[PDB]
Enquirer: 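Take a look at the following structure, please.
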2 protein chains.
Amino acid sequence: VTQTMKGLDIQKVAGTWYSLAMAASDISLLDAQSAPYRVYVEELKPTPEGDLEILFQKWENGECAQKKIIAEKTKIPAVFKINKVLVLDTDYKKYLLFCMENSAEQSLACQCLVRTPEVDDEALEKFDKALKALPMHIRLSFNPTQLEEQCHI
Amino acid sequence: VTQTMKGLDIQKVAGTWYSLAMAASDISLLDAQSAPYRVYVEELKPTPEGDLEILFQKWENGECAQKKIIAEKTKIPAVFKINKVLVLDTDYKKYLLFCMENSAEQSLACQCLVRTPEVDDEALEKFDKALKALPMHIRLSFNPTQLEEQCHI
Ligand SMILES: CCCCOc1ccc(OCCCN2CCOCC2)cc1
Ligand SMILES: CCCCOc1ccc(OCCCN2CCOCC2)cc1
């Protein structure tokens with residue numbers, strides 16, 4: 001992935017997000033409710049020291065679990081460590097595009113986050129333009145009804 | 001779906017095809033190996049009377065089953081009945097885009113078929129342009145290795 005947000009202000013991504021669309025390099029990363037990168041973002045809580053705490057949902061044992069993780073800051077403002085989290089682009093008000101990647105061929109998953117339970121075509125376009133550069137083999141998108149549901153059921 | 005192939009010559013789609021990409025209106029139509037519209041085209045055998053016999057693979061009971069169905073012709077050369085099959089576009093030599101649709105909100109699945117076990121970017125573009133008009137919520141694509149495998153494993 002060689003798109004990062006120039007001049008990311010991590011404090012300003014704080015609060016409510018909706019995982020509107022997801023994509024991944026391998027179908028097995030997103031295909032089942034329990035697929036490893038099938039993670040539904042709920043809220044981003046950046047620390048004063050500039051780390052990013054993430055609240056998300058995960059279908060684990062036939063159940064929508066609430067989960068909590070801290071992404072540790074790096075020397076690059078748009079890159080955090082868990083396995084790396086890269087912030088591609090955000091207007092802070094509406095949408096945020098991010099990817100997660102490991103080290104191996106690498107696993108890669110990217111989401112289009114939006115602030116509201118609405119299909120934002122403009123954001124989905126930017127998400128698709130960003131993905132053109134990337135070797136994705138599965139893409140998912142969610143309707144407004146599903147965005148208001150635990151684990152988007 | 002309001003894109004059909006003008007002047008389709010069904011005889012000329014005869015032979016070997018590869019399901020390179022699939023998309024559907026609902027994630028549950030494609031998400032699992034056993035999802036109902038997760039069908040891998042192998043060969044099209046059009047009848048003299050102008051019907052279309054389809055050989056495909058389907059993961060059913062933990063197994064890649066070989067399956068056989070006849071799509072019956074209609075008054076529209078680009079539309080067959082099984083549940084309707086619509087042929088969107090084909091250059092006969094390289095690619096064929098088709099959709100399958102039921103009657104209800106309708107289930108809708110579309111594929112980009114190619115003649116060879118190769119990622120055809122030009123065909124994938126035409127597939128994506130055709131899908132822009134359609135309410136798809138899952139997209140899959142397969143690599144050359146998977147195209148040579150039963151049920152694309
Ligand atoms: C600003 C970008 C937001 C990043 O959001 C996330 C980044 C990584 C995530 O990783 C989830 C970790 C995968 N496992 C899921 C099952 O529980 C253990 C962790 C989740 C959200
Ligand atoms: C030229 C267009 C090719 C159309 O190819 C197909 C059209 C419909 C298909 O329908 C599959 C029927 C769904 N079930 C799968 C499990 O066995 C029963 C049938 C398969 C290929």
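Protein chains get the first letters and strands the later ones, always in sequence-line order, with residue 1 at the start of each. According to its header, the structure was obtained by X-ray crystallography, 2.1 Å. Whatever order the structure lists them in is the order used to number ligands and atoms, beginning at 1. Any value given below was found using the heavy atoms of this structure, including those in side chains, with hydrogens, waters and symmetry copies removed.
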Enquirer: Specify the drug or drug candidate at ligand 2.
Expert: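 You're looking at pramocaine.
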Enquirer: Main binding partner of pramocaine (ligand 2) in this structure, as named by UniProt?
Expert: Beta-lactoglobulin
Enquirer: Which other polymer chains sit within a heavy-atom distance below 4.0 Å of pramocaine (ligand 2)?
Expert: B
Enquirer: Counting each atom of pramocaine (ligand 2) from 1 as listed, which ones have a heavy atom of B:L52 under 4.0 Å away?
Expert: 1 (C)
Enquirer: Could you check the entry and tell me where chain B comes from?
Expert: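 The entry lists the source of chain B as Bos taurus.
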Enquirer: Within the structure, is a non-hydrogen atom of B:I54 found at a distance of less than 4.0 Å from pramocaine (ligand 2)?
Expert: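 Flag set, B:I54 near pramocaine (ligand 2).
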Enquirer: So is B:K67 polar-close to pramocaine (ligand 2), meaning N/O to N/O under 3.5 Å?
Expert: yes
Enquirer: State the other ligands and ions under 4.0 Å from pramocaine (ligand 2); answer none if there are none.
Expert: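 I count none.
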Enquirer: Please could you name the atoms of pramocaine (ligand 2) that B:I69 approaches to less than 4.0 Å, counting only its heavy atoms?
Expert: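 Taking each heavy atom of B:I69 in turn, pramocaine (ligand 2) has 8 (C), 9 (C), 10 (O), 11 (C), 20 (C) under 4.0 Å.
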Enquirer: I need the residues around pramocaine (ligand 2) for my notes - heavy atoms within 4.0 Å, please.
Expert: B:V39, B:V41, B:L44, B:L52, B:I54, B:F56, B:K58, B:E60, B:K67, B:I69, B:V85, B:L96, B:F98, B:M100
